[PDB]
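The following structure holds CB3717.
Just so we're on the same page: letters track the sequence lines, and every chain starts at 1. In what follows, every heavy atom counts, from backbone to side chain, and hydrogens, waters and symmetry copies are set aside. Both ligands and their constituent atoms are indexed starting at 1 by order of listing.
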There are 2 protein chains.
Amino acid sequence: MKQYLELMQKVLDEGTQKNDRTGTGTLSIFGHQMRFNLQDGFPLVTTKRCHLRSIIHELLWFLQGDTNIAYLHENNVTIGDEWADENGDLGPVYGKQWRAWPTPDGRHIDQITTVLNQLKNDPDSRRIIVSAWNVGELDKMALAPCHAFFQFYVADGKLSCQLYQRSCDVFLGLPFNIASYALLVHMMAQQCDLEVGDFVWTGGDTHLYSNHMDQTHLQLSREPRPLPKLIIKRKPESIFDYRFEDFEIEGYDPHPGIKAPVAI
Amino acid sequence: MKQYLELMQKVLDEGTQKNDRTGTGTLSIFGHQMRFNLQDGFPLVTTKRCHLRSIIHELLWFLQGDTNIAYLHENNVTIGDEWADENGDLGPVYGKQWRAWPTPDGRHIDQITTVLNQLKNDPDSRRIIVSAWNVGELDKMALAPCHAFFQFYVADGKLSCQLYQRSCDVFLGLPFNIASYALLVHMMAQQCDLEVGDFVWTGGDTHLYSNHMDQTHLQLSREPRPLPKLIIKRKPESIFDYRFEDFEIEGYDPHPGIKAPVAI
Ligand SMILES: C#CCN(Cc1ccc2[nH]c(N)nc(=O)c2c1)c1ccc(C(=O)N[C@@H](CCC(=O)O)C(=O)O)cc1
Ligand SMILES: C#CCN(Cc1ccc2[nH]c(N)nc(=O)c2c1)c1ccc(C(=O)N[C@@H](CCC(=O)O)C(=O)O)cc1
Ligand SMILES: *c1cc(=O)[nH]c(=O)n1[C@H]1C[C@H](O)[C@@H](COP(=O)(O)O)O1
Ligand SMILES: *c1cc(=O)[nH]c(=O)n1[C@H]1C[C@H](O)[C@@H](COP(=O)(O)O)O1
């Protein structure tokens, strides 16, 4: 899509060569923002085929507070394979912090439920937030949260959300992330009887990997196509009852997919 | 400042009537981002008389992990009197989380010192972050962190930082917050022998209080003037050893000041 392609070109134009953890090398810019009016279509990149299926499973995996790739493998999702340990454990990452942030005094904060309640009984709150950046458990996670801080907002019956992604692999990761939260907004919006608003994406270290250049140029040479439409065949009792079969994608006519090696 | 006046003007045209935890009412938008290249000058609003004293004391206060308004009240800084308790306590706010974020297992993380080391030994890191949004303590705090999460970044010998402010009172707080972080950047920079880069400001609920409309139109009629230059007269041996008398501002020729009420 346009915002995405423009972000690619932006990095290409004013990015700086920078070494990195993986040792792969990147071209990066710091700080960026784009918006997607969910009412214009589900934001699923078209300049290359994307498997919305793997995205759904990763999200449902979070909403259950699970952090062992076992469930993912149960559905053929290999996105955690290069970092999980022998027991398929990544650590107290996304899921654990989302449903059960451990307080030093014994409590466990279920943030998703907190936000839900706020959206229903206090949509005006400016503190409707979910954070995966729990400093106290960083060292235990197999990898630091990329999408680490998001906020919800409601106005004129529309639900919006902005994500803060401290680190972002524009070519391989961004498309997953955008679709992820966009998806979460629909679900929340459905449970809270609200319409979908905008999904504001904000980034920190927005980079393009040295070995993703050729593919980026290939995608950037393709013309974006109409955005598809998210279809939820059923309204579950809670935001914790969605299953992969409840989601449907219509009108998605993406360009051929493009493979690229991930930096471990 | 141009960017600030553009944001202020945007809230007017596109803003939406909302209601806040303070029966004051507001006109807000959700999600915005501005960029301040510190190389062009210290970002201290000029279309309104301001001063660093309070901002300086607060930051030094934060850097010490202090959360009691004694230091502030001492030098006559009232910014936090309307919310502290009979003992001057605000609870575990900003400074507490910055210098001693409590893990779930009896330990405390000094995020500042951590970042200090990350910039000196691992500048390419995409995990140099500081958060005050400790979910397990949000209910022990007198007030929820507005400037709740920020990140650092290095490139070509220049330190840059981005702040995620989930709640922002455009007329009153923004000018304070902006110059506050800018200052921290210059401080971190000196402490690491780096030069200052960009201060990226990102906001969630960006509102304009309904009882600030008059002073907003007044400020909008003024022409921004050249930004001033910051001078740190001494180089402490620690980012925690700075003294109020270390800061100077040269070339600040602002328009008259504008008084406004604080939504409690
Ligand atoms: C984001 C996210 C979730 N994750 C988590 C995750 C973990 C580490 C990461 N590390 C790096 N350097 N890039 C990422 O974006 C990244 C993302 C993913 C991880 C890998 C792939 C991946 O390589 N997909 C390939 C191959 C697809 C396939 O197997 O069919 C692709 O071409 O998309 C996708 C998602
Ligand atoms: C941010 C921050 C710290 N704080 C914290 C703080 C707490 C609650 C808030 N509440 C609201 N509605 N907006 C804010 O910006 C805000 C700021 C401050 C609190 C008050 C003032 C204040 O009343 N300033 C006046 C007078 C300043 C002067 O003496 O020149 C002003 O109009 O500037 C400034 C900062
Ligand atoms: C992390 C996973 C995700 O949800 N999205 C991504 O974009 N990323 C990328 C960022 C970076 O290239 C890598 C994480 O590495 P690091 O922790 O920033 O060193 O995956
Ligand atoms: C909080 C303090 C700060 O450092 N900067 C500010 O702009 N804010 C403002 C935001 C909001 O108008 C008010 C706090 O409101 P709430 O806690 O989000 O309801 O202070």
*asked:* I'm trying to find CB3717 in this model - which ligands or chains should I look at?
replied: ligands 1 and 2
Trying to figure out what CB3717 (ligand 2) is stuck to here - the chain with the largest number of contacts. What's it called in UniProt?
Thymidylate synthase
By chain letter, what other chains have any heavy atom closer than 4.0 Å to CB3717 (ligand 2)?
B
Binding site of CB3717 (ligand 2), heavy atoms under 4.0 Å
B:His51, B:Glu58, B:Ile79, B:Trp83, B:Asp169, B:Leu172, B:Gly173, B:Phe176, B:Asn177, B:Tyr209, B:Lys259, B:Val262, B:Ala263
> Which heavy atom of the protein is the closest neighbour of atom 5 (C) of CB3717 (ligand 2), given with residue, atom name and distance?
Replying inline: B:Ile79 O, 3.9 Å
**Prompt:** Taking UniProt's active-site residues in chain B, which lies closest to CB3717 (ligand 2) and at what least non-hydrogen distance (to 1 Å)?
**Reply:** B:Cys146, 6 Å
Just distances here: any N/O of B:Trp83 and N/O of CB3717 (ligand 2) closer than 3.5 Å?
-> no
**Asked** Got the closest protein heavy atom to atom 23 (O) of CB3717 (ligand 2), with its distance?
**Response** B:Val262 CG2, 3.0 Å
**Item:** Sub-4.0 Å protein heavy atom next to atom 20 (C) of CB3717 (ligand 2)
**Value:** yes
message = Under 4.0 Å from atom 27 (C) of CB3717 (ligand 2), can you find at least one protein heavy atom?
response = no
Distance flag for atom 17 (C) of CB3717 (ligand 2), protein heavy atom under 4.0 Å:
no
Checklist line | UniProt dUMP-binding residues of chain B, heavy atom under 4.0 Å from CB3717 (ligand 2) | finding: B:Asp169, B:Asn177, B:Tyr209
Check your understanding: Below 3.5 angstrom, do we get any N/O pair linking B:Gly173 and CB3717 (ligand 2)?
Key -> yes
